[PDB]
*Asks:* 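To start, I am sharing the structure in question, which I have written as structure tokens.
When a residue number appears, it is its place in the shown sequence, counting from 1. All values below were derived from every heavy atom in this structure, side-chain atoms included, with hydrogens, water molecules and symmetry-related copies excluded. Counting starts at 1 for both ligands and their atoms, following the listed order.
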Amino acid sequence: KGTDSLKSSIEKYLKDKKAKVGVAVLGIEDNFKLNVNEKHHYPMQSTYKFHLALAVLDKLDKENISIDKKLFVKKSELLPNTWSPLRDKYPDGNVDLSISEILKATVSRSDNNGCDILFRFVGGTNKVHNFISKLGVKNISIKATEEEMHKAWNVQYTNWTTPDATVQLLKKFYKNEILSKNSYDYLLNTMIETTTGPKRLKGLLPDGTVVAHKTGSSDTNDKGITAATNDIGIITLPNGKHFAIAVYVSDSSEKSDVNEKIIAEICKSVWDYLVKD
Ligand SMILES: O=C(O)[C@H]1/C(=C/CO)O[C@@H]2CC(=O)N21
Ligand SMILES: O=C(O)[C@H]1/C(=C\CO)O[C@@H]2CC(=O)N21
Ligand SMILES: O=C(O)c1nc(CCO)oc1CCO
Ligand SMILES: *C(=O)/C=C/NCC(O)CC=O
Ligand SMILES: [Cl-]
Ligand SMILES: [Cl-]
Ligand code: NA
């Protein structure tokens, strides 16, 4: 037992769930670790917008470009029929939008068009892949823009991660090992000031728990398979410490609300273990 009855407890919970669920927990201040179903590749869906914002913010820090500089977005780039509050605000495109505003839409509101704008800005999906790899985090594949993921069903499975790689990226980011102080502060606040995934990592946590996170979601095909239901981020414990956590519910046959409950229950049991010192 110890941190092992916790792993065995999560495995027991996953036994009857028709899905492949990956889990990873990394203490921030204290060196706590937990893995469930780790040697597997889970599609990231919109969670990889976190990695993109990192590459964006790093490019700004390094080239000394202000997050306030404006980018001209062509109307042809605000694609329709994809989630994009940017397009809904500026339906005619051909507009100068600050990188700050585009980041906000991409991270806090999961803007697909904002995401693809920001991929163009850093030089494409492969540039983001290199940036992550050069940080010393392995087993993250970043190959498809949001536009490419909305084509064939298979294409989302080519943006994949291990759960371990995510918590490693989260904790590097949180301990301010990646970005300038101003860039760190900005991305953190956009990950706190989100309304997404209310029933995921946050669902069963006490009221007022600080949760900086990024969700991702996919469709359900006609054999009832939801490819990806995800939530990842950093959580504050009652004693003021933090832990990074990622839950990837992949290729689920379960109903949608069950898929989020899986994230919520798993995170809740981790929350209870760590709340006991
Ligand atoms: O001491 C604590 O507060 C928690 C914790 C939090 C993660 O930094 O990590 C260690 C493992 C555990 O229960 N401790
Ligand atoms: O098709 C596109 O790429 C662009 C463009 C100019 C081409 O550089 O003009 C229109 C506005 C828009 O979205 N289109
Ligand atoms: O727009 C959102 O709030 C959002 N959230 C997710 C992850 C699943 O909750 O994806 C999106 C964009 C469309 O999928
Ligand atoms: C952000 O999580 C992505 C949302 N939509 C992606 C798709 O619709 C692709 C699923 O087939
Ligand atoms: Cl273009
Ligand atoms: Cl409460
Ligand atoms: Na999302």
*Asks:* I keep wondering what the drug at ligand 1 is called.
*Replies:*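 Recorded as clavulanic acid.
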*Asks:* Going by the PDB entry, what is the chain that binds clavulanic acid (ligand 1) with the most atom pairs under 4.5 Å called?
*Replies:* Beta-lactamase
*Asks:* Can you check whether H242 has an N/O within less than 3.5 Å of an N/O in clavulanic acid (ligand 1)?
*Replies:*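 In this structure, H242 places an N or O atom under 3.5 Å from an N or O of clavulanic acid (ligand 1).
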*Asks:* For clavulanic acid (ligand 1), which atoms, with element, lie under 4.0 Å from some heavy atom of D277?
*Replies:* 1 (O), 2 (C), 4 (C), 12 (C), 13 (O), 14 (N)
*Asks:* Counting from 1, what clavulanic acid (ligand 1) atoms have a heavy atom of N239 closer than 4.0 Å?
*Replies:* 3 (O)
*Asks:* Would you say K241 and clavulanic acid (ligand 1) have an N/O pair spaced under 3.5 Å apart?
*Replies:* no
*Asks:* With a cut-off of 4.0 Å, which atoms of clavulanic acid (ligand 1) are near a heavy atom of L274?
*Replies:* 11 (C), 12 (C), 13 (O)
*Asks:* Starting from atom 2 (C) of clavulanic acid (ligand 1), which protein heavy atom do you reach first, and at what distance in Å?
*Replies:* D30 OD2, 3.4 Å
*Asks:* With heavy atoms only and a cut-off of under 4.0 Å, state how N31 meets clavulanic acid (ligand 1): side chain, backbone, both or neither.
*Replies:* neither
*Asks:* Could you list which atoms of clavulanic acid (ligand 1) come closer than 4.0 Å to a heavy atom of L237?
*Replies:* 6 (C)
*Asks:* Select one of side chain, backbone, both or neither to describe which atoms of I28 lie under 4.0 Å from any atom of clavulanic acid (ligand 1), heavy atoms only.
*Replies:* backbone
*Asks:* Which clavulanic acid (ligand 1) atoms are under 4.0 Å away from a heavy-atom of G27?
*Replies:* 7 (C), 8 (O)
*Asks:* Considering only heavy atoms, does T3 approach clavulanic acid (ligand 1) within less than 4.0 Å through its side chain, its backbone, both, or neither?
*Replies:* neither
*Asks:* If you take the nearest heavy atom of each of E29, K33, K276, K171, which one is closest to atom 8 (O) of clavulanic acid (ligand 1)?
*Replies:* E29
*Asks:* Working on a figure here: which residues of other chains come under 4.0 Å of clavulanic acid (ligand 1) (heavy-atom distance)?
*Replies:*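 The binding site of clavulanic acid (ligand 1) (heavy atoms) is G27, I28, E29, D30, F32, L237, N239, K241, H242, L274, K276, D277.
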